[PDB]
Amino acid sequence: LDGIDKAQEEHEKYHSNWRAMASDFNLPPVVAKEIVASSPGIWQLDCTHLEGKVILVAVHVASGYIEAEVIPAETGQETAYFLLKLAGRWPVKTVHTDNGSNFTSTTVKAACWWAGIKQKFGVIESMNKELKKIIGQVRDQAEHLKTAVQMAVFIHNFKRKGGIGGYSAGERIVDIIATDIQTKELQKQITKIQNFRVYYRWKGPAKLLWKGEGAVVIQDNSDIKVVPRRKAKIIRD
Amino acid sequence: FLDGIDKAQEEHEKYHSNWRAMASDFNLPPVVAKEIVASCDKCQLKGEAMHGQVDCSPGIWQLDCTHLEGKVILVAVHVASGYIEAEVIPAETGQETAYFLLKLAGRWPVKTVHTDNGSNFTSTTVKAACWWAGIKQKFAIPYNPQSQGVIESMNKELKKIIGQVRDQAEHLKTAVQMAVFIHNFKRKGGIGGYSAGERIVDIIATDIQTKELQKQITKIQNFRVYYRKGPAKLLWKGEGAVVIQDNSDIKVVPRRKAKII
Amino acid sequence: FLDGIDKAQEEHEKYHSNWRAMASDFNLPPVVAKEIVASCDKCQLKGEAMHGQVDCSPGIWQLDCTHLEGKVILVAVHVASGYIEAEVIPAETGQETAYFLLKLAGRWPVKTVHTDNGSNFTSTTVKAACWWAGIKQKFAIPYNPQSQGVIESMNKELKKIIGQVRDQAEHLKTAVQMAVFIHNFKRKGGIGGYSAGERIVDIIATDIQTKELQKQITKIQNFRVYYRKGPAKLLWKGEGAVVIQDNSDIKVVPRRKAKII
Amino acid sequence: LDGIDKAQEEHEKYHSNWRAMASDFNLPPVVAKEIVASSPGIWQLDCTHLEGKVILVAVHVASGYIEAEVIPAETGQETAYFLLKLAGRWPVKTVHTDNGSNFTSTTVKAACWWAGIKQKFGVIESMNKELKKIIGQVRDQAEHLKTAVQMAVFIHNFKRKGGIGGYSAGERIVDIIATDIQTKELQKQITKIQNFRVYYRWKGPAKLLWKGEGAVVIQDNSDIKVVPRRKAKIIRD
Amino acid sequence: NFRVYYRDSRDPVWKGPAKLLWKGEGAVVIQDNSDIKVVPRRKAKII
Amino acid sequence: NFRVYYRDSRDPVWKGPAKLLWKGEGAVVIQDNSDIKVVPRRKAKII
Amino acid sequence: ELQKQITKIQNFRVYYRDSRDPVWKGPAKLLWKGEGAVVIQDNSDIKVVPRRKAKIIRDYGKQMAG
Amino acid sequence: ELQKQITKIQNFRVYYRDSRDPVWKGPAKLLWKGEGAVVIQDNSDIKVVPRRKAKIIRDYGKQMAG
DNA sequence: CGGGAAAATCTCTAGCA
DNA sequence: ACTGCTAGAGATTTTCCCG
DNA sequence: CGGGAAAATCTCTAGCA
DNA sequence: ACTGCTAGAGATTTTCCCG
Ligand SMILES: C[C@@H]1CCO[C@H]2Cn3cc(C(=O)NCc4ccc(F)cc4F)c(=O)c(O)c3C(=O)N12
Ligand SMILES: C[C@@H]1CCO[C@H]2Cn3cc(C(=O)NCc4ccc(F)cc4F)c(=O)c(O)c3C(=O)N12
Ligand SMILES: [Mg+2]
Ligand SMILES: [Mg+2]
Ligand SMILES: [Mg+2]
Ligand SMILES: [Mg+2]
Ligand SMILES: [Zn+2]
Ligand SMILES: [Zn+2]
């Protein structure tokens with residue numbers, strides 16, 4: 001409540017996003033969003049071949065997290081089934097395919113329509129190369145190919161660590177989805193309050209931002225003012 | 001009471017009367033009637049009236065099989081979150097179950113699986129899988145489905161959903177995935193008003209973040225506490241209370257009679 | 001909300017999401033999400049979380065059959081008291097059951113029997129017996145054993161005793177009578193610390209005595225009460241409260257605004 | 001507590017039992033028992049014959065309440081079974097038999113020993129005559145004899161009312177057993193307290209009688225004195 | 001008026017909507033397609 | 001020392017007395033004639 | 001006469017239940033008894049109870065311990 | 001430095017149970033987390049809880065509402 | 001008025017199949 | 001228009017007994 | 001500080017077979 | 001040495017909103 005001006009100065013000086021502001025100055029995130037205003041569901045789907053069997057790989061673009069299963073036939077049914085599975089395990093909003101015959105079937109289209117996925121026809125190929133490398137590294141430890149494929153998916157998602165932080169793809173996908181959940185929660189709050197108008201001290205209508213226990217933060221004429229709760233009236237428009 | 005006790009043992013030996021009846025009829029102290037009933041082997045016919053509580057650590061999964069329309073459905077649940085992975089399988093075999101489990105362990109952090117003693121879960125090939133993935137295997141007490149109450153209730157729930165959406169698929173495997181999707185992302189409640197997918201994300205992310213933060217705090221905040229003893233390692237000071245860990249034993253002591261060095 | 005509602009009905013039609021999920025994702029008032037779920041026929045899959053309560057009038061008996069070691073045991077319980085009459089029978093037939101019931105009605109006051117819908121209890125000959133003895137027949141809701149929870153728990157208890165005393169008889173009918181004896185007279189507890197035999201004596205004697213006493217009081221204490229109405233018949237005055245019966249309707253009114261004539 | 005002297009006078013004047021005293025003067029029954037001090041479990045067992053079948057009748061002597069069942073053979077097994085049944089339905093302390101062959105069997109003796117009944121080898125015959133009368137009255141309403149026997153047992157125990165009060169045998173047996181339960185309860189209380197000695201005001205040991213909420217009734221030198229609780233000490237001897 | 005959804009008799013499949021004809025403590029009487037039933041309230045939902 | 005009476009595994013017959021070897025929250029480990037078992041505390045009585 | 005009768009009628013204990021509570025409420029005093037209803041008094045509170053819900057005893061172990 | 005870290009660690013909510021109570025106790029504040037035990041604070045009461053009994057979230061919907 | 005121990009009450013489970 | 005219950009085991013709270 | 005309504009919490013059940 | 005649980009329905013209590 002007091003750090004609002006400090007936050008405004010910091011943002012004018014460094015162009016900092018709402019997270020770093022609501023973290024360093026202890027502000028409710030709707031207020032930091034107002035100041036700063038004053039991918040996660042994207043997967044790539046491609047089929048690869050290896051020892052005469054079809055491996056249907058899905059990569060989470062933001063993290064490099066891999067879901068691959070050996071399928072029986074490069075048909076539309078096996079791909080629609082793989083896609084329902086993926087959409088039930090992770091939040092999937094958009095798949096990037098390559099206009100192959102199976103990816104364009106009416107079956108996959110009905111699957112995407114049921115699971116609310118959007119279809120859009122380079123990381124996938126490098127990931128196929130890494131997957132094939134690990135599969136060749138662990139082929140002598142399984143009889144069948146599907147087993148070695150899952151061993152490789154495991155090694156890639158959890159036993160290979162890279163990037164800046166030194167994390168693995170599972171850690172990365174969990175961090176990314178967590179941040180994404182936060183984004184939807186914040187947007188839901190903003191959408192919940194953005195239909196209220198506040199009259200304070202009476203002055204003109206103000207965009208409401210927060211409704212704490214001891215104050216009511218608002219925004220009037222592109223400027224943020226804190227008022228005590230009893231000094232203002234909140235109505236829904 | 002020596003007379004009234006012997007007339008009571010002789011009558012219990014015939015009728016196995018409860019302690020109230022032998023207190024009312026032989027004029028006995030309730031403790032003595034209870035000692036009589038408590039020495040009859042034939043009267044020990046009842047167990048405690050409690051329940052245990054299942055482990056709910058972040059890395060424990062409960063697996064079970066369930067049957068529907070003649071097919072076998074293997075199901076896993078993340079205990080802490082309620083997040084499920086199901087899959088229709090060809091047959092309740094150890095091979096298929098070991099496959100399902102390798103997939104799960106590659107898609108999520110699985111530290112421990114808990115199952116009943118079905119032959120597929122106890123097979124030597126599910127054990128080789130768990131050994132490769134570094135999973136700990138916990139087997140229930142036999143014929144105690146309450147040891148797996150989470151997965152067993154999830155069977156209820158999965159079956160309930162599959163019946164709501166059965167007319168939208170043709171095959172059962174499709175409807176099983178539809179139900180896994182609906183449960184993991186389209187049903188909200190429990191701790192945090194979440195869905196199970198959001199909740200597993202929160203649980204796993206919280207585990208990573210808290211591990212990191214506490215690692216840093218302990219690297220920095222390095223002190224020894226003497227209370228009332230040895231140099232107990234400090235854990236948390238605040239609000240006039242001190243929590244320490246003396247010889248791998250965690251206890252809460254007030255700030256008085258506790259010096260920090 | 002007109003936009004958010006239609007996006008919610010379209011999504012429920014596919015996933016049958018619960019009201020919390022449609023409130024969180026389409027920004028809806030919980031009452032509106034609940035109205036959406038409440039109009040989906042496919043989502044009505046659960047009943048209330050209560051239980052009814054069985055009738056426990058002094059003259060109601062619950063009868064059931066139970067099976068042990070290949071024989072049929074007919075059992076009756078007096079609901080108010082817990083007092084049992086059991087008997088091994090040749091076969092679960094209406095003839096045998098009508099016989100058992102004539103015996104019971106001649107040994108005790110039986111006004112009403114309550115049974116499930118087993119074929120022996122619903123036979124036309126058990127009905128002729130009940131009509132001769134002036135018994136009212138009450139049949140449960142089919143496949144609802146909870147309607148007979150008293151007799152069903154008595155099966156538990158009878159079977160439990162028969163197992164304690166089975167090694168003292170040779171035949172099963174002997175052990176059944178031994179168990180009826182032990183239950184009716186050698187087990188104490190419940191209301192009044194009684195045994196079931198003492199308790200049935202107390203219940204029946206109390207019923208007779210209270211009937212007589214109240215008959216006398218009403219013959220003597222004859223008054224009409226006007227409160228707030230008509231000449232309501234007085235029931236009980238005392239402690240500043242008046243209980244009356246206006247047109248077969250019993251109500252408690254304070255002494256104020258109530259004159260006795 | 002105050003009516004103790006009135007009770008003593010009434011008992012010296014009319015020799016009234018402890019019930020009428022503890023009812024008219026509002027006294028705890030142990031006290032009325034002390035003042036007045038200063039069958040229920042008896043059954044008759046006999047077999048009768050009728051249409052070539054054996055009917056085994058039991059009569060409660062005090063009330064005239066009847067238990068009769070047609071039995072298959074006048075053997076010791078059927079009589080031991082009838083006796084276990086009766087002892088499990090009613091409190092049976094002593095049976096009066098007639099030294100017949102079945103009543104003297106080792107089987108009936110073992111039954112009586114298990115059920116704690118005492119065996120002792122005119123009302124039974126008059127009751128057999130009344131039972132036969134009712135059976136002849138209701139024979140046309142049943143096919144078998146056992147059914148008519150139970151119809152007659154019913155009519156006798158509940159539809160025939162006689163005696164002083166105008167009650168039936170079922171009402172009578174319930175009243176008698178109720179009074180008997182009261183007798184055992186009182187005797188149990190007397191046996192529970194008769195091992196205590198009270199010292200009041202200190203005076204010699206006194207037989208304790210009651211331990212109410214506001215007093216302690218005792219009996220010393222064949223005389224009953226009420227003392228307040230704090231003025232006396234209760235010990236167990 | 002009320003809509004009733006019920007589980008009847010060993011059939012684990014919920015049915016309805018039926019008309020509620022009578023509600024007691026413990027059980028309800030409904031009309032499902034001219035077929036009057038009696039259902040325990042543990043096995044019904046009234047809306 | 002304790003005496004344990006227990007219902008083991010689908011057998012509806014209570015057995016014992018066994019020695020208690022270990023008691024946890026939820027279950028106990030007993031020794032019945034050199035045969036170590038693990039029983040849920042819902043299915044045991046310790047004396 | 002009548003007051004004796006009433007004091008007698010109020011010596012019977014009543015155990016009873018409310019329509020959604022499974023536990024039996026402890027002994028109350030009986031004030032009136034009809035065909036359908038029993039009027040009791042539990043802790044200076046005059047409830048009406050349907051007959052099917054009331055267990056009316058006398059408790060003989062109590063009549064005799066005072 | 002360190003006090004930032006501690007204030008962060010105390011923003012995670014904990015749901016937990018006692019060894020004989022089946023219901024999950026509402027959100028407490030996390031003070032310390034070890035391998036076996038979690039130290040919480042529920043209504044100014046510093047309990048120790050075994051890990052197997054604690055569900056440590058962060059509630060994102062609450063965090064983003066203040 | 002204070003503790004200690006025992007009585008009384010309360011809470012909760014399996015089995016009824 | 002009908003309806004879960006009962007008894008034992010352990011935990012927890014009340015009552016009573018002597019100070 | 002007072003009610004009213006809505007949110008939040010609590011209580012309790014079936015099914016898991 | 002391991003362990004009933006989950007989600008919905010209705011009832012009941014809290015909280016919040018404007019006075
Ligand atoms: C041959 C494997 C190994 C050995 O035992 C059998 C038999 N069994 C029986 C049930 C069962 O009785 N469910 C009803 C239930 C009752 C109470 C409760 F708390 C939870 C509940 F689920 C199962 O669920 C189950 O998976 C098995 C099983 O797998 N097996
Ligand atoms: C053919 C007759 C007529 C129609 O129905 C069947 C089947 N049935 C089933 C049970 C039973 O499932 N008992 C377990 C139980 C479960 C819950 C509960 F609250 C009480 C309980 F006793 C009985 O007891 C019983 O007598 C019968 C029976 O007689 N019949
Ligand atoms: Mg299983
Ligand atoms: Mg199972
Ligand atoms: Mg039956
Ligand atoms: Mg039954
Ligand atoms: Zn015994
Ligand atoms: Zn629906």
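Below, read A as the first sequence line, B as the second, and so on, with proteins coming before strands; counting in each chain starts at 1. Just follow the structure's listing: the first ligand is 1, and inside any ligand the first atom is 1. We use all heavy atoms of the structure for the numbers below, so side chains are in, but hydrogens, waters and symmetry mates are not.
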Student: Which macromolecule here is the main partner of ligand 2 by heavy-atom contacts, as listed in UniProt?
Tutor: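 It has the most contacts with Gag-Pol polyprotein.
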Student: What drug do PDB records list at ligand 2?
Tutor: dolutegravir
Student: By chain letter, which other chains contact dolutegravir (ligand 2) with heavy atoms under 4.0 Å?
Tutor: C, I, J
Student: With respect to atom 27 (C) of dolutegravir (ligand 2), which of C:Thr66, C:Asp116, C:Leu63, C:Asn117 exhibits the smallest heavy-atom separation?
Tutor: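 Minimum heavy-atom distance to atom 27 (C) of dolutegravir (ligand 2) goes to C:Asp116.
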Student: Could you check whether any other ligands or ions come closer than 4.0 Å to dolutegravir (ligand 2)?
Tutor: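 Result: ligand 5 (magnesium ion), ligand 6 (magnesium ion).
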Student: Which atoms of dolutegravir (ligand 2) sit under 4.0 Å from any heavy atom of C:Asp64?
Tutor: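 Counting from 1, the qualifying ligand atoms are 26 (O).
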Student: When residues of chain C contacting dolutegravir (ligand 2) are grouped by UniProt domain, which group is largest?
Tutor: Integrase catalytic
Student: Any atoms of dolutegravir (ligand 2) less than 4.0 Å from a non-hydrogen atom of C:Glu152? List them with their elements.
Tutor: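 Answer, ordered by atom number: 22 (F), 23 (C), 24 (O), 26 (O).
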Student: Identify, by atom number and element, the atoms of dolutegravir (ligand 2) in contact range of C:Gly118, meaning under 4.0 Å from any of its heavy atoms.
Tutor: 2 (C), 3 (C)
Student: Which dolutegravir (ligand 2) atoms, with their elements, are less than 4.0 angstrom from a heavy-atom of C:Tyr143?
Tutor: 4 (C), 5 (O)
Student: State what the entry calls DNA chain I.
Tutor: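 In the entry: DNA (25-MER).
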Student: If you draw a 4.0 Å sphere around every atom of dolutegravir (ligand 2), which residues of other chains have a heavy atom inside it?
Tutor: C:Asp64, C:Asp116, C:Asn117, C:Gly118, C:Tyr143, C:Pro145, C:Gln146, C:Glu152, I:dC16, I:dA17, J:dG4
